Amino acid sequence: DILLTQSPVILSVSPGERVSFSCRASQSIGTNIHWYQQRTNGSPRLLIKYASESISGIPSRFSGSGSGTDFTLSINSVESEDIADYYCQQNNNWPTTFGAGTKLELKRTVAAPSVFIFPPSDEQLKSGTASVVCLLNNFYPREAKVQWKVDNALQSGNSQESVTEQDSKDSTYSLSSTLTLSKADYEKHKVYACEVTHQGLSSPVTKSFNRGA
Amino acid sequence: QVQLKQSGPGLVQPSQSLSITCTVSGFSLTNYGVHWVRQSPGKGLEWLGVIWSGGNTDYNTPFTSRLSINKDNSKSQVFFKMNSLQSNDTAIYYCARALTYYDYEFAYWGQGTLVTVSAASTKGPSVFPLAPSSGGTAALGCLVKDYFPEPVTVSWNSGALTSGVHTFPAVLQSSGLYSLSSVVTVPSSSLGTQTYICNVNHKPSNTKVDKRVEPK
Amino acid sequence: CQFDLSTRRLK
Ligand SMILES: *[C@@H]1O[C@H](CO)[C@@H](O)[C@H](O)[C@H]1NC(C)=O
């Protein structure tokens, strides 16, 4: 099998800049290489066929070049909707094989998160479990700290985070922090606060509620 | 135009078989061959096989022993069956079509079928509201909890509400069940006049829930 | 980088 090595594994550029993807074959394959794009939750999208040939419906800012073993996919003016992974595929030798892909991340101005806190619903409490969700919305960059405190006790190990992939429109991330208690432990306390630290905040933002009022 | 639609995602027990149906339109299975590609965490994109216009099949070498592709030209359906699955066969399976009848540049793809190889049980999710309570912008959402396996789809107001929606990637809890939240930001003034429903559908369990999210 | 079945993106 032809081994296709794509480098680097991560690319990070700014809008309007030009970017290049490399895909190298373990032996000569002529120009028998194809390029695909995969957005979040998407299927592959054919961008270039046979090193350089255009595909219908693909924006003109996508192009390709190369021959032999060294091939390059290029975007001459990156837009926010170009956040995806990009793969190469060879079909000069059976069976056809794909590369491992390159991730395209986009830089942008710092944006502070908007923070919201949600108590557990009375519907969930009927099942003996309490979920306290802390939402960090539309921020950049991805680095963020969430600190849970129940009656000034530091929570640790009883929460889970989830970060969306980069938004195709404004390049921001959103983060959910879910603190999980038993209904017994949730009813034995009063003050629930998530403290958020981010580069775009001059000092940590704390959202809190008292169970009831 | 040209479309490929695959059967729903589901669980498969270890050492048991997998069956996916690819129904095509916009072209005839007598004029084009249909390929099958999978995408796993370990091996990435992996070409599996193809059934040609004339009915012949080629299988990639490590799968010639447990792969079987068939079709029905009249019903425009391609049938994929792989035997004796193990945990590392857990992947997204696609059906795809090339630009030309003989080639391998894949211009049209199916939406993908996430197959989970596991001995666990299929379990539908509970849906709990994330009720609103910053500068005239309110945040609300839904808690989709304790389901298995992935995936689960979440829309808002039957697709009419997409602006400001964030459905977070699912996380695996210590119980072995997944959980996620889907949130959206709306104007505070619309909380009185507009209804906000999250449409949750966990196809592996045939669990379909619509949750109305109100201020408490 | 590893492919993520939940997001269909590389992680
Ligand atoms: C699955 O494991 C087998 C060993 O039984 C290995 O040969 C194969 O490459 C693996 N496939 C993956 C990781 O997709």
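Chains are named by letter, beginning with A, in the same order as the sequence lines. Residues displayed in chain A correspond, in order, to the PDB entry positions 1-213. Chain B is numbered as in the PDB entry, which gives 1-133, 138-220 for the residues shown. Here chain C follows the PDB entry for its numbers: 1-11, in order, are the residues you see.
The drug observed at chains A and B carries the PDB name cetuximab. Per the PDB entry, the macromolecule making the most contacts with cetuximab (chains A and B) here is N-ACETYL-L-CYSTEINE, Cyclic amidated, acetylated linked meditope. Using a 4.5 Å heavy-atom cut-off, the binding site of cetuximab (chains A and B) is formed by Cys1(C), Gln2(C), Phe3(C), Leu5(C), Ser6(C), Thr7(C), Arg8(C), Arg9(C), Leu10(C), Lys11(C). For chain B, the PDB entry gives the name Cetuximab Fab heavy chain.
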